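Structure of interest - contains rituximab.
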Amino acid sequence: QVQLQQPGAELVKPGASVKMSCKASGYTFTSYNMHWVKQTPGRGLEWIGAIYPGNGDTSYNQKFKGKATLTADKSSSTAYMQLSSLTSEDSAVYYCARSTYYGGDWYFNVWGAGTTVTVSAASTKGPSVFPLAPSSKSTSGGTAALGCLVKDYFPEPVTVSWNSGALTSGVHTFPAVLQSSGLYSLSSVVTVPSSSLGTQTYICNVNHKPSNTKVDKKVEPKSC
Amino acid sequence: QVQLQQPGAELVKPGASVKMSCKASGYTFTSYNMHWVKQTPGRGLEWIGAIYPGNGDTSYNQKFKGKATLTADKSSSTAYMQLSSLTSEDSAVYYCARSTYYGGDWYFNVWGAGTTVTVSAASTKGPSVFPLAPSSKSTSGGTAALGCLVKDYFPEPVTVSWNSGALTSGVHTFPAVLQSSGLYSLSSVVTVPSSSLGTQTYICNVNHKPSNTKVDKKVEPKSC
Amino acid sequence: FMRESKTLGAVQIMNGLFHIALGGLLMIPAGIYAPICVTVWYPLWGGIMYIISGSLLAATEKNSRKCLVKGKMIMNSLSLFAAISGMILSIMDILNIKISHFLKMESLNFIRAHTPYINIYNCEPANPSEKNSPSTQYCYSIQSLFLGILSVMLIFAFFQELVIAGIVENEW
Amino acid sequence: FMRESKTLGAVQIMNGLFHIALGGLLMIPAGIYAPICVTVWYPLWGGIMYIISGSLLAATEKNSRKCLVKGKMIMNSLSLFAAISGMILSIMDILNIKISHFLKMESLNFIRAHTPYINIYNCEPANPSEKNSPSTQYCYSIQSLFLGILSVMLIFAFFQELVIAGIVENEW
Amino acid sequence: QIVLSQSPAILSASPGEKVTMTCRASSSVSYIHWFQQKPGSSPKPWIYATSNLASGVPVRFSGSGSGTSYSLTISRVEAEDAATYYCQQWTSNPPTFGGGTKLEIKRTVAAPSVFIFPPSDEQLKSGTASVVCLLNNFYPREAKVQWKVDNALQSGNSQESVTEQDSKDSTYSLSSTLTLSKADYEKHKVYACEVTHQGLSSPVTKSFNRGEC
Amino acid sequence: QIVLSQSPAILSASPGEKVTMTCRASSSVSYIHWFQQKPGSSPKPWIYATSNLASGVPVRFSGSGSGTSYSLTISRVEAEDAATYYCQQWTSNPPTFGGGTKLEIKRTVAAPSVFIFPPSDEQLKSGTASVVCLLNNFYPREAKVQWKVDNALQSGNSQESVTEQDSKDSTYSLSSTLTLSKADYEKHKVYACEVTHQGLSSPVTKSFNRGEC
Ligand SMILES: CC(C)CCC[C@@H](C)[C@H]1CC[C@H]2[C@@H]3CC=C4C[C@@H](OC(=O)CCC(=O)O)CC[C@]4(C)[C@H]3CC[C@]12C
Ligand SMILES: CC(C)CCC[C@@H](C)[C@H]1CC[C@H]2[C@@H]3CC=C4C[C@@H](OC(=O)CCC(=O)O)CC[C@]4(C)[C@H]3CC[C@]12C
Ligand SMILES: CC(C)CCC[C@@H](C)[C@H]1CC[C@H]2[C@@H]3CC=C4C[C@@H](OC(=O)CCC(=O)O)CC[C@]4(C)[C@H]3CC[C@]12C
Ligand SMILES: CC(C)CCC[C@@H](C)[C@H]1CC[C@H]2[C@@H]3CC=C4C[C@@H](OC(=O)CCC(=O)O)CC[C@]4(C)[C@H]3CC[C@]12C
Ligand SMILES: CC(C)CCC[C@@H](C)[C@H]1CC[C@H]2[C@@H]3CC=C4C[C@@H](OC(=O)CCC(=O)O)CC[C@]4(C)[C@H]3CC[C@]12C
Ligand SMILES: CC(C)CCC[C@@H](C)[C@H]1CC[C@H]2[C@@H]3CC=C4C[C@@H](OC(=O)CCC(=O)O)CC[C@]4(C)[C@H]3CC[C@]12C
Ligand SMILES: CCCCCCCCCCCCCCC
Ligand SMILES: CCCCCCCCCCCCCCC
Ligand SMILES: CCCCCCCCCCCCCCC
Ligand SMILES: CCCCCCCCCCCCCCC
Ligand SMILES: CCCCCCCCCCCCCCC
Ligand SMILES: CCCCCCCCCCCCCCC
Ligand SMILES: CCCCCCCCCCCCCCC
Ligand SMILES: CCCCCCCCCCCCCCC
Ligand SMILES: CCCCCCCCCCCCCCC
Ligand SMILES: CCCCCCCCCCCCCCC
């Protein structure tokens, strides 16, 4: 039942300051430690520091001793991590995982969802989703592919579903790639039989949390 | 759900050898430690040693370094404590409690029932229980006391119930006292209203585990 | 050995300063149970008096009336007493720290306040799962280095005792 | 100081005795990162050559033809080089152990086997709940004791350097 | 080895009143631990890390203290806490437990009630004799008993056992049971058990007869 | 600081076959820890204390090794384990994680299937143009693409993103999407997307027309 709750993501302008949050429940917040780690695809996952809510003591590393600070309060059972002097090279995922002395040494019992921070001066752009109507090519086939291309959107975190999560198998989530101007573009396709194309409806509902933009468009097969 | 199971009690002749058992369930037997303690009313509770099932390492104290030995196996998830050179001054209660690094230091999360060992050369004697019929004295009163005196029995562990545990309140469990010859004698009385004496039955069922002796006698009020 | 009594005093005062340095070195806060050679402050007065004796043996080297000749014998006798005492404390404390503790003397109040939650005489973890952990290796290193300090202090004290015994043999 | 250069010979001898003693004391197994003065093996040959120089200066004190007069100057020059090197490395290692390390020199293979899971240069637990625990107090005691060793070695090396500089200024 | 001593050994606290016990140590232990035990039960952990509270604890309890002196503070003590508290440390091998403070409920005094149970026929047919005198709802612990048979006072021929403190109904119960051989059992006919106490003013006595009931 | 390096960086293991990866360290760490992470998810703990197993783990996995070298052994690797494994230690401050072994399923090769999606009218009315070519069920990762418009080969005008390895249906999926301005979109009419691969023998191509469907 033990779990740690973290916010999804947020956008921070370069040179600004951001505060993290990690809510703990199901266990004594005071007794256990509040270790934080940072994962970057370019250079792997590295430690950033930890804080003990029991006494308020904090520990860091000489690499990033002054980049980040930790402050936690036992009243709300939450730990706050504050970042200073944000840089474009500080776009990664920060995880919140407790540590326990299990098995003879310190061991990360549980982890957190993590926050995918984005450091860019570009303004928020709504998720533009477009239909991908299949064509009646010579090869009929027993299966068909339906996609909803999303491009020119900000920030990276975006969820694409189908029939409000009714369809799960056969999905192909394509990771987004950064453009030259500083924008993201990804794709998502699902494989469904062609016999049910004319009977069962297929709609993609893109969800955007930072902008509260939800679009439920319908894609229909095209007979060429 | 975590708990440790221990045997009730057993009798050991002086100079013999006895083996303890402590079964663990609901948690990883290998990871946690297997601390053992001994409690004596004369000199309080004192440490006896501990054993780590993960590597088989054992730790003791210079006071009782050679008196007892510890051996545990991970196959049955049980720890065995073997006593050597039993002495009449070694009649106490041995507890089995695990230890965990909780709150910043080692802490006994859970304990065990404990074994009340008895070191005596006297043979096993059946639990002799006798009725205590109340008398119709001048003071009628609104309540009456019904007891089942037990004397000349061995060993000390004995449970006295009433109507198979139906009656719990108003009970007075009297601890046994050692006699000159080396025998125990205790008493147990329950307070019940005198109006229900002639309608509701009252029976005491003495239970003896070492001898498998169970007696369910009936006590009835006497009108003098 | 009467040829170079001037250099013998230099050797004695060097041994005294080495004893003083080792005694100050043993005052590092480590465990509430200080070594038996520190709680009695033997290195301080012992080393100071070795300084005094060696300086007296290597200051005048002439036929002084009362200041040098009269005090030299008593200074040498006190030196032998202190040297055999230091040998006895060293031999006792080596077994105290390496075998078992039989005289338990607490450390000084002002030095034990820095490290009051630590002990070094009997560090065997109650939880056997910590046997292969740095918590025990640190105490093992502490004990080994303390034993080394005790051994080097013992050998210096024994050499100084031999030198001063030879000096007394020279001066009946 | 040409009056009793023989006593200075015994000074050099005693300084070599304590230098080799401290060198032996430094290699107690503690952390895979040995002190910069240990991996270079400076104290051993330093004390050996100090003993050699003291023996040369305090053996005959006569006008030997080639075996002593010719070699005395070169031994003294080597002694000055070794003493200034010892001072430099000692005061460098003091900052190495007190400030963030800037050379990471590994210890010897045969000494690191006993304690391979321990470090002494840096100890700030990743879990801040262990700040008031014996695990950090032991490392603090190790660091203080090592700094004391470094300080006593440094001051003795500086005194030896001063003495041998006086010897050289005596003999142009 | 570090010895731990706590005082007082036994203290009595009135219900709904603040009470504090101290646990000193011969050395400055890093942390202290408090455990409580009930009769016929294992010592359940109570306080850990000298400042936190274990699961299933009332909010009234709050442990504090630093250095070589540690104290336990109770906001409002009740009869549910009638147990013994143990002081435990983990700084030095081996850990040593404390002595024990036996909590006692200090309420108004009560007049004891005397009940006498004549031996049954099966007791005589077995080959022995035993008469039980009941003591209940009395305070404090001291309760003098003086059995009288044939207008003669006999002392030292019986043993008494003190049970645990009752929660709400009573406070203490003394088992004043008199044992004797069959020869002396048949020698006398009338048996009496009079108990004097500070509670009741006039000592009440219950007497029966042998061979009639 | 202790650096941890593990090799190989990427390895492919056939299903139902024993596979072993090694994690060496620059120093003799007391214990080692192994963690695995899934896309869009936190790294779940996998192995602790170098010998035990965390909750919810298959029995096939068994970690061992001592000293400066530690290895992970899999009795029977399956497609469910398509993730990256991380090596972690706790001996020295600060702890340093490993590089990562990306497990890959090595089964028989498959012939890729090409699907082309013409842009919709709303894409043109927005002010841009985008045509998507679908690649699926192909192995290995390499998959050359050469778009041809008006019998002219164009390269370097598109970007490709590699997704995670599929569990059972496919192995890899390459997003070969071509982007262009509206002027070039209206300049050409016929668009083709031909993909060559080691799986299929004859490269199949799907072509459509602009202004008709
Ligand atoms: C024996 C004679 C010949 C010399 C006397 C020895 C003293 C000069 C040394 C022995 C131990 C030293 C102490 C060892 C430890 C400390 C802790 C130190 O605490 C701090 O200020 C540390 C601050 C920080 O950690 O940043 C204060 C000095 C003090 C008492 C030292 C003061 C000087 C002491 C007493
Ligand atoms: C003769 C003098 C003037 C110069 C040489 C002095 C030191 C360099 C030598 C003398 C005796 C040696 C000691 C002899 C025996 C040991 C035992 C050895 O083993 C232990 O005590 C424990 C080791 C462990 O814990 O693993 C530690 C090194 C030590 C103290 C040696 C350290 C170096 C010493 C002190
Ligand atoms: C700690 C113990 C086990 C070893 C100590 C070794 C050195 C510190 C001692 C051992 C013998 C001592 C030596 C004994 C004899 C002399 C002779 C002395 O010169 C003379 O007496 C030569 C006579 C002459 O010039 O005619 C110079 C000091 C010296 C080397 C002493 C210097 C210090 C020595 C080498
Ligand atoms: C520098 C010159 C002048 C002297 C050379 C120093 C050696 C004599 C000392 C330095 C460190 C000592 C070592 C320190 C620690 C140990 C561990 C020791 O391990 C044990 O046997 C311990 C057994 C036990 O714990 O019961 C073996 C000796 C040894 C290598 C010592 C051997 C002697 C050594 C190498
Ligand atoms: C002058 C010589 C011939 C005799 C005296 C040598 C030692 C007795 C003195 C010299 C300098 C003193 C040192 C001066 C400063 C300190 C700092 C002091 O504080 C620390 O380094 C850390 C203390 C902590 O960690 O709490 C520790 C004691 C120490 C090394 C003292 C230890 C005793 C020393 C080495
Ligand atoms: C580590 C540093 C900071 C302190 C070192 C203290 C002692 C080890 C040194 C300091 C001065 C040295 C002294 C310098 C001068 C002399 C004079 C010397 O005798 C003489 O030259 C007297 C001349 C005569 O007899 O006429 C005896 C050795 C002695 C005391 C030296 C003995 C060793 C001393 C005391
Ligand atoms: C003649 C020089 C002094 C010899 C006696 C030294 C006494 C040192 C102080 C007492 C040491 C023990 C203190 C215990 C409180
Ligand atoms: C050279 C003589 C030294 C005598 C001992 C002086 C050291 C101080 C002794 C008292 C220390 C303070 C503790 C008092 C309880
Ligand atoms: C150098 C002065 C004589 C010292 C004799 C040995 C003293 C040992 C410490 C005192 C022992 C006290 C025992 C506890 C009361
Ligand atoms: C010259 C000193 C010889 C040893 C002096 C007696 C030391 C104590 C006896 C050895 C230890 C015995 C007690 C162990 C508990
Ligand atoms: C009177 C000259 C000799 C003085 C000897 C003093 C010995 C103790 C020095 C250190 C005292 C404790 C200092 C703590 C700050
Ligand atoms: C002229 C005396 C020798 C000077 C050079 C000493 C070399 C010691 C061995 C090398 C030390 C570093 C070893 C690294 C592997
Ligand atoms: C007096 C000269 C000493 C030179 C250094 C000798 C010490 C041994 C050096 C080699 C140690 C073994 C490690 C080799 C990798
Ligand atoms: C005493 C011989 C000269 C020593 C000069 C300093 C040597 C420092 C250690 C070697 C440095 C090597 C740096 C890493 C390659
Ligand atoms: C005589 C020695 C003086 C100091 C020699 C340089 C030491 C290194 C510079 C100080 C540390 C700077 C690097 C910190 C990472
Ligand atoms: C040839 C005489 C000088 C020899 C110097 C040897 C220096 C190293 C001694 C210890 C070697 C390591 C011993 C490990 C058992």
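So you know, we letter chains A, B, ... as the sequences are listed, proteins then strands, and number each from 1.
All copies of rituximab taken together correspond to chains A, B, E and F. Short version: main partner of rituximab (chains A and F), named per the PDB entry, is B-lymphocyte antigen CD20. With heavy atoms closer than 4.5 Å, the chains neighbouring rituximab (chains A and F) read B, C, D, E. The source organism recorded in the entry for chain D is Homo sapiens.
This PDB entry labels chain E with the name Rituximab Fab Light Chain. Of the transmembrane segments UniProt lists for chain D, counted from the N terminus, those with a heavy atom under 4.5 Å from rituximab (chains A and F) are 1. With 4.5 Å as the cut-off, the chain of rituximab (chains A and F) having the most heavy-atom pairs with chain D is chain A.
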